[PDB]
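Here is the naming used below: chain letters follow the sequence lines, and residue numbers restart at 1 for every chain. Reckoned from all heavy atoms, side chains included, excluding hydrogens, waters and symmetry mates. Each ligand, and each atom within it, is numbered from 1 in the order the structure gives.
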Number of protein chains: 2
Amino acid sequence: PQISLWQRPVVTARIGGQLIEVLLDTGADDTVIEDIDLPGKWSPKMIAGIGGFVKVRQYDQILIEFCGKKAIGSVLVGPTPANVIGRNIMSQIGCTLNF
Amino acid sequence: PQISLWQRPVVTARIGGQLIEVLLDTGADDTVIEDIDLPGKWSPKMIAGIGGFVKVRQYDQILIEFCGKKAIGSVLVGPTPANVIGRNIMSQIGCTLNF
Ligand SMILES: CC(C)CN(C[C@@H](O)[C@H](Cc1ccccc1)NC(=O)O[C@H]1CO[C@H]2OCC[C@H]21)S(=O)(=O)c1ccc(N)cc1
């Protein structure tokens, strides 16, 4: 699709089988979600933003689906105020920023 | 321009006359710049990012130019780990996400 930015670019994604409202976020290097439970081993990571840092769990090889597209990649899970799909996933599906 | 997302979408912008590299950040409502001095009056404000609130100075009616495009808007000056252009500016210059 071709999504303009007059409002927040929010879409419904299925991540690990769960429906989550997500922001398509070119400022996010990696996908970060708050409200999800993913199974198995994870690695401890941290992310940095405006106001400070968030500790996150990194889950690898997760199925991410939205807007008819499908990708597999890592998901950082933690107390973020916004659920974002970042460039780790958007690059994989050929998403570009255009004007 | 067509900007891929396999790397950070960083462009050179002129913001109130000042040349600065900035991140095109679709997940930011607002344009937040740390590395800038802007003249004139400003409004004290607090904005929340991923780690909570930070104090910024809001400058209004700033001319922002990048990649053969121009828009006028507000700039928040304050601490951020990346100088970001938000939707306040990107929506005015017809920026779209495409995939
Ligand atoms: C500041 C960016 C370099 C990084 N952020 C992505 C960014 O798009 C966040 C995404 C975001 C969105 C809402 C709340 C927190 C974070 N937006 C943001 O901080 O915007 C602020 C300026 O405009 C305002 O509008 C929204 C918050 C304010 S981030 O959330 O900290 C972030 C950092 C790393 C990862 N992997 C994922 C996300």
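- The drug observed at ligand 1 carries the PDB name darunavir.
- Lab note: most contacts to darunavir come from the chain the PDB entry lists as HIV-1 protease.
- Other chains near darunavir (heavy atoms under 4.0 Å), by letter: A, B.
- Of all the listed residues (A/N88, A/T31, A/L24, A/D25), A/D25 holds the heavy atom that lies closest to atom 10 (C) of darunavir.
- Contact atoms of darunavir toward A/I50: 19 (O), 21 (C) (distance under 4.0 Å to a heavy atom of the residue).
- Residue contact check: A/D30 has heavy atoms under 4.0 Å from atoms 35 (C), 36 (N), 37 (C) of darunavir.
- Atom 34 (C) of darunavir has A/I47 CB, 4.0 Å as its closest protein atom, hydrogens excluded (heavy atom only).
- With a 4.0 Å heavy-atom cut-off, darunavir is reached by the backbone of B/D29 and by its side chain too.
- Counting the atoms of darunavir from 1 in the order shown, those under 4.0 Å from a heavy atom of B/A48 are 27 (C), 28 (C).
- With respect to atom 17 (N) of darunavir, the closest heavy atom belonging to the protein is B/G27 O, 3.2 Å.
- With a 4.0 Å cut-off on non-hydrogen atoms, A/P81 touches darunavir through its side chain and not its backbone.
- In this deposit, the organism assigned to chain B is Human immunodeficiency virus type 1.
- Near A/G49, the atoms of darunavir lying under 4.0 angstrom from a non-hydrogen atom of the residue are 31 (O).
- Nearest to atom 37 (C) of darunavir among the protein's heavy atoms is A/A28 CB, 3.3 Å.
- Here B/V32 has side-chain heavy atoms under 4.0 Å from darunavir, and that is the only part of it that gets that close.
- For atom 13 (C) of darunavir, the nearest protein heavy atom (residue, atom name, distance) is A/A82 CB, 3.6 Å.
- The binding site of darunavir, defined by non-hydrogen atoms within 4.0 Å, is formed by A/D25, A/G27, A/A28, A/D29, A/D30, A/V32, A/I47, A/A48, A/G49, A/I50, A/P81, A/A82, A/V84, B/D25, B/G27, B/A28, B/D29, B/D30, B/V32, B/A48, B/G49, B/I50.
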Between darunavir and the protein, tabulate every N or O atom pair separated by less than 3.5 Å, reporting distance only.
residue	atom	partner	partner atom	Å
darunavir	8 (O)	A/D25	OD1	2.9
darunavir	8 (O)	A/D25	OD2	2.7
darunavir	8 (O)	B/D25	OD1	2.6
darunavir	8 (O)	B/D25	OD2	3.1
darunavir	17 (N)	B/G27	O	3.2
darunavir	23 (O)	B/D29	N	3.3
darunavir	23 (O)	B/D30	N	3.2
darunavir	25 (O)	B/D29	N	3.0
darunavir	36 (N)	A/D30	N	3.4
darunavir	36 (N)	A/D30	O	3.1

